[PDB]
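What follows is a deposited structure in which one can find sulfapyridine.
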Amino acid sequence: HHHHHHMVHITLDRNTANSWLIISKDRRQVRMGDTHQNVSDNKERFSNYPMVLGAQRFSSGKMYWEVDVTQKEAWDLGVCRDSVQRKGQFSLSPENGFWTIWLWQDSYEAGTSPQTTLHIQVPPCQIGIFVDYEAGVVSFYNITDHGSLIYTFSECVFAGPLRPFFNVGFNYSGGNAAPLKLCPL
Ligand SMILES: Nc1ccc(S(=O)(=O)Nc2ccccn2)cc1
């Protein structure tokens, strides 16, 4: 892929974060805290899951960014509609406004309904995410394996502005404390 030149500087939006997340001063890293982080509740915060949005909103053009997932056992990454549900239980699916992949229990899957098995030979330490708004495309790349394609959502019906989407995952096991980090350009 030659998508690197549509690189965008993504930062995390504290106001959208689940109340147990800790976002770094530079707004480029997020991790699960071991407790509530002493913030007020608001209607933007994801209540049920350890999720947070990027601050950037996209309604046109081509955008690319990279996320470091080193040593995590579980995570979700991609984009979502600005208007996705924040409270209660929900599925990650395009019907609900999400275009995502994830790691869970030693398998990688795309957030279709139902979910799609991914075939990754080299476990990724960094994931590249490409959005073409006009084409209706969201693609995922394995930066650890020379940028190899992981998955393409096509014929996407975005139906509104898009935001970068992150889930650091729970840490029931004590093996998933590591952060998600936005990688430098
Ligand atoms: N409906 C639902 C259930 C659990 C979760 S999760 O935050 O545990 N993260 C994930 C990620 C991939 C697979 C399972 N859980 C998110 C949404």
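By the numbers in the PDB entry, the shown part of chain A spans 8-192. Atoms within a ligand are numbered from 1 in the order they appear, just like the ligands themselves. Computation of the quantities below employed the complete heavy-atom set of this structure, encompassing side-chain atoms and omitting hydrogens, waters and symmetry-equivalent molecules.
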I'm curious which macromolecule has the most heavy-atom contacts with sulfapyridine - what does the PDB entry call it? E3 ubiquitin-protein ligase TRIM21
Atom indices of sulfapyridine, in the order listed, that fall short of 4.0 Å to a heavy atom of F177: 7 (O), 8 (O)
Identity and distance of the protein heavy atom lying nearest atom 1 (N) of sulfapyridine: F97 O, 2.7 Å
Looking at sulfapyridine, does any of its N/O atoms fall within less than 3.5 Å of an N/O of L99? no
Looking at non-hydrogen atoms alone, which of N55, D83, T107, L110 comes nearest to atom 10 (C) of sulfapyridine? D83
Contact atoms of sulfapyridine, heavy-atom distance to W109 under 4.0 Å: 12 (C), 13 (C)
Among all the protein's non-hydrogen atoms, which is closest to atom 15 (N) of sulfapyridine, and how far away is it? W111 CE3, 4.5 Å
Would you know which UniProt domain in chain A holds the bulk of residues touching sulfapyridine? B30.2/spry
Is the contact between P57 and sulfapyridine made by the side chain, the backbone, both, or neither, using heavy atoms and a 4.0 Å cut-off? side chain
Tell me which part of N174 gets within contact of sulfapyridine: side chain, backbone, both or neither, using heavy atoms under 4.0 Å. side chain
Which part of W82 is near sulfapyridine, with near meaning a heavy atom under 4.0 Å away: side chain, backbone, both or neither? neither
Please report whether sulfapyridine has a polar contact with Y56, defined as an N or O pair separated by less than 3.5 Å (distance criterion only). yes
Quick one: does atom 8 (O) of sulfapyridine have a protein heavy atom under 4.0 Å from it? yes
What residues end up in the site of sulfapyridine at 4.0 Å, going by heavy-atom distances? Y56, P57, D83, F97, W109, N174, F177
Please tabulate, line by line, the atom pairs linking an N/O of sulfapyridine to a protein N/O at a distance below 3.5 Å, with the distance in Å to 0.1, or answer 'none'.
from          : atom 1 : to   : atom 2 : distance (Å)
sulfapyridine : 1 (N)  : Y56  : OH     : 3.2
sulfapyridine : 1 (N)  : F97  : O      : 2.7
sulfapyridine : 7 (O)  : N174 : ND2    : 3.0
sulfapyridine : 9 (N)  : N174 : ND2    : 3.3

